[PDB]
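Caption: PDB structure containing fosfomycin.
Chain letters correspond, in order, to the sequence lines: A, then B, then on. All residue numbers given for chain A refer to the PDB entry; the residues shown span 1-92, 99-139 in order. Using the PDB entry numbers, chain B covers 1-138, in order. Numbering of ligands and ligand atoms starts at 1, following listing order. Atom set for the values below is all heavy atoms of this structure, side chains included, hydrogens, waters and symmetry mates excluded.
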Amino acid sequence: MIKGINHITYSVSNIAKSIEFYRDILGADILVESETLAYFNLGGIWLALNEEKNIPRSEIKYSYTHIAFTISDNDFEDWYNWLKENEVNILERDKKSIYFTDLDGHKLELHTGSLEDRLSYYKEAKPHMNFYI
Amino acid sequence: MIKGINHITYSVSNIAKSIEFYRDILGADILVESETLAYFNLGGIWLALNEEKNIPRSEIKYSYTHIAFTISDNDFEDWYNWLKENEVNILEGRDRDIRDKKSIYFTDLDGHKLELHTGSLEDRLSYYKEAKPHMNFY
Ligand SMILES: C[C@@H]1O[C@@H]1P(=O)(O)O
Ligand SMILES: C[C@@H]1O[C@@H]1P(=O)(O)O
Ligand SMILES: [Mn+2]
Ligand SMILES: [Mn+2]
């Protein structure tokens, strides 16, 4: 049986610059680094970067695939301004969300809502969906 | 401050067969379904599938980007055998020292890379501190 999330690994083109992004902009706590890998604690999640210099990274911009992290409604504005302050690549009852990318186009989200919030909205607005809970 | 993981969302080309993959092979608990999306509990994580037509998905098999989920050492052979039984696209792992703990790498129907891993971050840091002198610790 799958017991929980273990780790998130991102392929990056420049470990040095990507480390700066995750550490200095998202506040990830660096644990180890070499020339080709870095590990972080980001919101209690084991984050790993592995440098891959020469792989194709053209198609990633087309996919809605992403990982959302939790922030407070209280820190929403503060995050938005900090990301804007840092020339971060921000993308344009659902609750609030900021979408952005790291340096290699990996889509990330800061979200203030819960699974319960989203289920309740869908029960009200979209009762034509199938609900199992 | 980032408080923790909120959800993981995959873009899928055929949501019907991606639902069967996550539900019937990985044992994700399905919560919601429409023609365009599906929500699961997988290992206490909010997992979302979003159907997207005509996105190019050929480059993804070249990237090491992936998400790893925890299984028990006790369940490792049963997981492996189960993914084999269901003709899952199991990938050739990297080379593995005993201290790296154990892993099964595979993809879903859209080539997203997944890992079943039996170790902790603590185990890896412990392995690397003893075996990896080209590494910096903090
Ligand atoms: C720790 C980073 O995911 C990689 P591994 O699967 O090569 O250990
Ligand atoms: C629910 C899955 O995250 C997607 P959303 O960002 O479209 O809400
Ligand atoms: Mn999202
Ligand atoms: Mn891994």
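One finds fosfomycin in this structure at ligands 1 and 2. What binds fosfomycin (ligand 1) most in this entry is, by the naming of the PDB entry, Metallothiol transferase FosB. Contact chains for fosfomycin (ligand 1) (heavy atom under 4.0 Å, other chains only): A, B.
Binding site of fosfomycin (ligand 1) at 4.0 Å (heavy atoms): A:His7, A:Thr9, A:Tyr39, A:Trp46, A:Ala48, B:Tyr64, B:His66, B:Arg94, B:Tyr105, B:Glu115, B:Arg124.
Closest to atom 6 (O) of fosfomycin (ligand 1) among all protein heavy atoms lies B:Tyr105 OH, 2.4 Å. Set against the non-hydrogen atoms of B:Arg124, the atoms of fosfomycin (ligand 1) under 4.0 Å away are 1 (C), 8 (O).
Other ligands and ions less than 4.0 Å away from fosfomycin (ligand 1) are, by number and name, ligand 4 (manganese (II) ion). For atom 2 (C) of fosfomycin (ligand 1), the closest non-hydrogen atom of the protein is A:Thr9 OG1, 3.2 Å. The shortest contact between atom 4 (C) of fosfomycin (ligand 1) and any protein heavy atom is with B:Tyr64 CE2, 3.7 Å. With ligand atoms numbered from 1 in the order given, fosfomycin (ligand 1) contributes 1 (C) to contacts under 4.0 Å with heavy atoms of A:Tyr39.
Numbered from 1 in the order shown, with element, the atoms of fosfomycin (ligand 1) that lie under 4.0 Å from a heavy atom of B:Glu115 read 6 (O).
Less than 4.0 angstrom separates some heavy atom of B:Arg94 from each of these atoms of fosfomycin (ligand 1): 5 (P), 7 (O), 8 (O).
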